[PDB]
Colleague: 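This structure shows saracatinib in complex with Proto-oncogene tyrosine-protein kinase Src.
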Amino acid sequence: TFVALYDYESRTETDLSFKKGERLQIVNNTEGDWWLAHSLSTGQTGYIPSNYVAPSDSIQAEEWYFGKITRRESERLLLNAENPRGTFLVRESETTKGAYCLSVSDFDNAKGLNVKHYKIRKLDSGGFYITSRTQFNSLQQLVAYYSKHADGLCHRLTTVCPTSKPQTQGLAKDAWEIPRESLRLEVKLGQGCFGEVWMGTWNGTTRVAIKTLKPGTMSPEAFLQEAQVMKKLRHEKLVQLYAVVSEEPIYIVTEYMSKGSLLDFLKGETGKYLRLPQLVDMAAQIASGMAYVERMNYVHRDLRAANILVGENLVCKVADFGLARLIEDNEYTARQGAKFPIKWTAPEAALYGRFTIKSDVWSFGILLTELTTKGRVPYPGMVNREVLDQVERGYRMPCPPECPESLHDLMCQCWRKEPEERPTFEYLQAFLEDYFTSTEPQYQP
Ligand SMILES: CN1CCN(CCOc2cc(OC3CCOCC3)c3c(Nc4c(Cl)ccc5c4OCO5)ncnc3c2)CC1
């Protein structure tokens, strides 16, 4: 049997609903993303997302086993407001292959909410331990023991760390080019010069975001070819493309992001108590999504805070990738006109049409100024039509008010004249993740 790691609500007539813990037989796995299953509980059958289950009695079956997750992402989850002391998970060690880590929430009246991390090593004779004093035959035995007594841990293990349900791969088995009629538009989220964004529902059952493009914006044929590329991009910090309607008017169907654009989140009451550590953390997430783009040898072309979306736990994801290259508007193609974001655009890209990952790095630097200013527009003195002239003769925005110079200096590296001397997104992600350096020990005794 397999076991469900999460609840799943049926979206179609041929999928299978199930609850966390339900025992499922996989009865056809000659596939990848959607498997045919059989509830051993209800006797109903139907397709399921394979990432929602694990082999019974596998380590992946344990709800506290988070597998391959970075300590930073495990910290984001554990530091959640609603987590008791001793909320925990087990993950793989990043510094020692073959080792694991118990990460545990704590509260200190000096330090507040914090996370402690204990390296679990295996004793070659094959036993698992955090201290040599106390050793176990399995990880599950270890968690059982420390669920009853703290011993040398900051706190007894009380509560399995909660997480959000994974993204399935697609809306449904073989759903990709979908019929227009499968979508209900409900709430208008936005309108730009090329189309609109709506919250809506797919197949009567599934919350999605839907972007429409005005007819004549781009060829459906070029759109469909690019969409195949967009479809291969899977990353925790990139908004997932679910499906497309590829005849005019085109629809782009994606993951719905509950808190909306970063740009609006930064403004007004939502942003009022946002402090530098949080703003830097959001920048590191964005940088991480773009490091994936970079690793994949791809290019965004329209990076800016309005194209970053915010979810639960202050998760930030890069949106809108793939489209800008397709826009057929003559002005936009020539990097001019009221539709084109000259203020985020590297000068070699505006002048020569050289869009690269280094021009995205330029845009990321501009995004940093939006983050450290509660979203004020870049180059406040200037109109679009003066910006390029000025930047070509070496103008750059000064240090924003209240922004520390060391972060301004990072922006300035992003705005180097020579595109190839600009930092990598790999570099930017590390710099930002480690920006606030603790002396403190990564692990413990
Ligand atoms: C006042 N509340 C209204 C609801 N909102 C909850 C979710 O808000 C969004 C907004 C989106 O787009 C906004 C981006 C900036 O301009 C206004 C609309 C979402 C979005 N956009 C999107 C983009 Cl940027 C690019 C391609 C797309 C998209 O949809 C699918 O195809 N995508 C997903 N979820 C969105 C949620 C909170 C505030």
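Residues 85-529, in that order, are what chain A shows, numbered as in the PDB entry. Every number for a ligand or one of its atoms is a count from 1 in the order of the listing. Worth knowing before you read on, the calculation uses all heavy atoms, side chains too, and leaves out hydrogens, waters and symmetry mates.
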Colleague: Report, in ascending order of atom number, the atoms of saracatinib lying under 4.0 Å from any heavy atom of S342.
Modeller: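 So the answer, numbered in order with elements, is 6 (C), 7 (C), 37 (C).
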Colleague: Of the active-site residues annotated in UniProt for chain A, which is closest to saracatinib, and what is the least heavy-atom distance, rounded to 1 Å?
Modeller: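 Nearest UniProt active-site residue by heavy atoms: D386, 8 Å.
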Colleague: Give the UniProt domain of chain A with the most residues touching saracatinib.
Modeller: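 Most contacts come from the UniProt domain Protein kinase.
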Colleague: Nearest protein heavy atom to atom 3 (C) of saracatinib, by residue and atom, and its distance?
Modeller: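 The closest one turns out to be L273 CD2, 4.6 Å.
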Colleague: Please list the nearest protein heavy atom to atom 31 (O) of saracatinib with its residue and the distance rounded to 0.1 Å.
Modeller: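 The closest one turns out to be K295 CB, 3.3 Å.
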Colleague: Could you check atom 8 (O) of saracatinib against the protein and tell me its nearest heavy-atom contact, residue, atom and distance included?
Modeller: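 Going atom by atom, the protein heavy atom closest to atom 8 (O) of saracatinib ends up being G344 CA, 3.3 Å.
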Colleague: To the nearest 0.1 Å, how far is atom 28 (C) of saracatinib from its closest protein heavy atom, and which atom is that?
Modeller: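 Looking at atom 28 (C) of saracatinib, the protein heavy atom closest to it is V281 CG1, 3.8 Å.
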Colleague: Which UniProt ATP-binding residues in chain A pass a heavy-atom distance cut-off of 4.0 Å to saracatinib?
Modeller: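 In chain A, UniProt binders with a non-hydrogen atom that close: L273, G274, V281, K295.
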Colleague: Check saracatinib against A293 and write out every atom of the ligand that is under 4.0 Å from a heavy-atom position of the residue.
Modeller: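 So the atoms of saracatinib that pass are 29 (O), 30 (C), 32 (N), 33 (C), 34 (N).
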Colleague: Quick check: what organism does the entry name for chain A?
Modeller: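 The entry lists the source of chain A as Homo sapiens.
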Colleague: Does the protein come close to atom 26 (C) of saracatinib - that is, does one of its heavy atoms sit below 4.0 Å from that atom?
Modeller: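 It does; a protein heavy atom is within 4.0 Å.
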Colleague: Closest non-hydrogen protein atom to atom 30 (C) of saracatinib, residue and atom name please, with distance?
Modeller: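 Protein heavy atom with the smallest distance to atom 30 (C) of saracatinib: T338 OG1, 3.1 Å.
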Colleague: Name the closest protein heavy atom to atom 20 (C) of saracatinib, giving the residue it belongs to and the distance to 0.1 Å.
Modeller: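 Checked against all protein heavy atoms, atom 20 (C) of saracatinib sits closest to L393 CD1, 3.5 Å.
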Colleague: For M341, is at least one N or O under 3.5 Å away from an N or O on saracatinib?
Modeller: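 Yes, there is a polar N/O contact under 3.5 Å.
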Colleague: Which protein non-hydrogen atom lies closest to atom 38 (C) of saracatinib, naming both residue and atom, and how far is it?
Modeller: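 It is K343 O, 4.5 Å.
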Colleague: Extract the binding site of saracatinib: heavy atoms, cut-off 4.0 Å.
Modeller: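 Using heavy atoms under 4.0 Å, it comprises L273, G274, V281, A293, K295, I336, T338, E339, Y340, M341, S342, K343, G344, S345, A390, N391, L393, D404.
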Colleague: Hey, what polar pairs (N/O, under 3.5 Å) does saracatinib make with protein?
Modeller:
residue	atom	partner	partner atom	Å
saracatinib	34 (N)	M341	N	3.0

